[PDB]
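Structure first, commentary second.
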Amino acid sequence: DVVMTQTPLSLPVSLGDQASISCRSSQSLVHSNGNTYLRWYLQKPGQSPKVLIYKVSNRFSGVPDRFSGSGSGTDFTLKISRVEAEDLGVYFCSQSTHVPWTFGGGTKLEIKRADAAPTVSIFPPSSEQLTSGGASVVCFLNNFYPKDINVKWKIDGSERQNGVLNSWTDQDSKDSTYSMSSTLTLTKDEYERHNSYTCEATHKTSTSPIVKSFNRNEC
Amino acid sequence: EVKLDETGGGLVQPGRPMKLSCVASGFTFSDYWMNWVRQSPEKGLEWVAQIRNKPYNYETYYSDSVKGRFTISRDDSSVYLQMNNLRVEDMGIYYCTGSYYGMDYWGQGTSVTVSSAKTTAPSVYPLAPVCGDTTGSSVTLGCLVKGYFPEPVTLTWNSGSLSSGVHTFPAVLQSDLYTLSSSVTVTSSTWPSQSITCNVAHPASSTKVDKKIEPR
Ligand SMILES: O=C(O)c1ccccc1-c1c2ccc(=O)cc-2oc2cc(O)ccc12
């Protein structure tokens with residue numbers, strides 16, 4: 001099991017910028033036969049990985065000349081000379097010298113933009129849902145940048161783990177921001193035993209958590 | 001002009017098996033090594049199994065994790081993968097690859113869903129701004145689509161007239177059933193002055209719901 005470590009995991013760039021991505025193997029990629037079987041792949045959303053580079057530095061037919069691979073032994077580099085829109089995706093390196101064949105974790109190529117704090121909205125359970133014996137508390141954290149963010153659920157000031165469902169959007173085409181959905185699901189019984197429900201988000205944009213709260217009794 | 005087109009995916013109750021078929025269509029099938037690779041719900045690309053050729057005495061290799069349960073085979077044209085004893089952890093997208101002198105060609109992929117769940121219609125709920133209080137210039141509304149199965153729901157805002165300011169979050173599997181949510185940001189001029197309706201479809205259970213967002 002050769003370990004392919006890929007760096008960085010996310011690479012913000014502006015269109016026309018040059019980008020470089022690295023890959024390290026645990027063991028040497030040099031096959032007894034003399035070949036170095038290291039491949040570079042690009043996966044655009046909704047499609048399958050397509051190889052760009054094979055055997056370190058051979059560019060597959062039809063791949064733009066703006067892509068080039070280099071390295072030897074256990075250190076490999078992928079280089080894009082002028083980032084275009086159609087270049088955005090996830091890039092993987094993979095070795096095929098040793099069984100089992102293995103892959104790196106991916107590097108996402110995304111647009112660079114100014115930091116923007118999340119706009120947080122909190123939503124108590126709807127009447128229709130309580131009527132069913134369930135109570136879902138929802139929090140939207142919209143249009144923020146960078147993507148990194150932590151969300152904490154607090155009930156009567158104590159932290160709640162269990163029953164949280166998080167979902168994230170992909171970088172927005174228009175503005176380059178990300179959005180996130182955090183839903184805490186409780187039983188109607190539980191929701192009626194507690195009063196204070198809070199959504200607290202930690203983001204680089206601010207030193208202190210972004211808090212959004214509601215009191216059930218005040219509903 | 002290398003072509004790989006896999007087939008044979010769907011739902012599978014765990015413990016149960018399934019058979020994946022890939023017909024390699026634009027090369028000397030005999031000269032290439034064939035492979036099965038899968039991609040898990042996240043960032044996890046995984047090499048599953050390998051079937052070599054004559055020269056390499058049709059050796060067969062398999063990843064730790066499917067060893068004794070899956071069989072790669074070839075029809076010198078096509079390659080098959082017999083998936084037996086399907087667990088949840090084997091849920092992912094499955095791609096067929098043709099390998100040759102360092103190069104690799106991938107097909108389209110086939111999704112393999114492993115779940116006990118049966119077809120269940122979603123519960124759609126209106127998400128109105130806070131317990132009759134503070135919100136409204138520009139107000140944010142939402143719609144919650146809870147516990148449906150399988151895979152596909154469609155959510156629209158005002159029958160698709162209102163497209164801007166909406167965010168639709170990818171569905172996530174909450175212990176055998178999916179949940180989806182969507183937000184729409186309007187202006188205080190607009191709501192509740194106007195009508196804001198969440199439209200949801202779940203073709204598989206024949207559901208078509210329209211939920212109006214009313215001031216809570
Ligand atoms: O690289 C070859 O000599 C080769 C030729 C035709 C078919 C397969 C291979 C091939 C390998 C052949 C022998 C071997 O010891 C290792 C090979 O690794 C390969 C890795 C690939 O990605 C892709 C292909 C190979």
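Throughout, a chain's letter reflects where its sequence line sits, starting with A, and its residues are numbered from 1. We count ligands from 1, going down the list as the structure has it; atoms in each ligand are counted the same way. The figures here come from the full heavy-atom set of this structure, side chains too, leaving out hydrogens, waters and symmetry mates.
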Drug listed at ligand 1: fluorescein
I'm curious which macromolecule has the most heavy-atom contacts with fluorescein - what does the PDB entry call it? 4-4-20 (IG*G2A=kappa=) FAB fragment
Counting only non-hydrogen atoms strictly under 4.0 Å, which other chains reach fluorescein? A, B
Binding site of fluorescein: which residues fall under 4.0 Å, heavy atoms only? A/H31, A/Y37, A/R39, A/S96, A/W101, B/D31, B/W33, B/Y56, B/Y100, B/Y101, B/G102
Counting from 1, what fluorescein atoms have a heavy atom of A/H31 closer than 4.0 Å? 14 (C), 15 (O), 16 (C)
Give me the residue, atom name and distance of the protein heavy atom closest to atom 4 (C) of fluorescein. B/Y101 N, 3.5 Å
Per-atom contacts, fluorescein versus A/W101 - under 4.0 Å to a heavy atom: 20 (C), 21 (C), 22 (O)
For chain A, what name does the entry give? 4-4-20 (IG*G2A=kappa=) FAB fragment
Interfacing atoms of fluorescein (cut-off 4.0 Å, heavy-atom, B/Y56): 12 (C), 13 (C)
Tell me, which protein residue and heavy-atom name are nearest atom 1 (O) of fluorescein, and how many Å apart are they? A/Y37 OH, 2.5 Å
Out of curiosity, which residue and atom connect to fluorescein through a covalent bond, if any? none
So, is A/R39 polar-close to fluorescein, with some N/O to N/O distance under 3.5 Å? yes
Hey, is fluorescein close enough to A/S96 that some N/O pair sits below 3.5 Å? yes
For fluorescein, output the ligand-protein N/O contacts shorter than 3.5 angstrom; if there are none, return none.
{"from": "fluorescein", "atom 1": "1 (O)", "to": "A/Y37", "atom 2": "OH", "distance (Å)": "2.5"}
{"from": "fluorescein", "atom 1": "15 (O)", "to": "A/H31", "atom 2": "NE2", "distance (Å)": "2.8"}
{"from": "fluorescein", "atom 1": "22 (O)", "to": "A/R39", "atom 2": "NH1", "distance (Å)": "3.0"}
{"from": "fluorescein", "atom 1": "22 (O)", "to": "A/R39", "atom 2": "NH2", "distance (Å)": "3.4"}
{"from": "fluorescein", "atom 1": "22 (O)", "to": "A/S96", "atom 2": "OG", "distance (Å)": "2.9"}

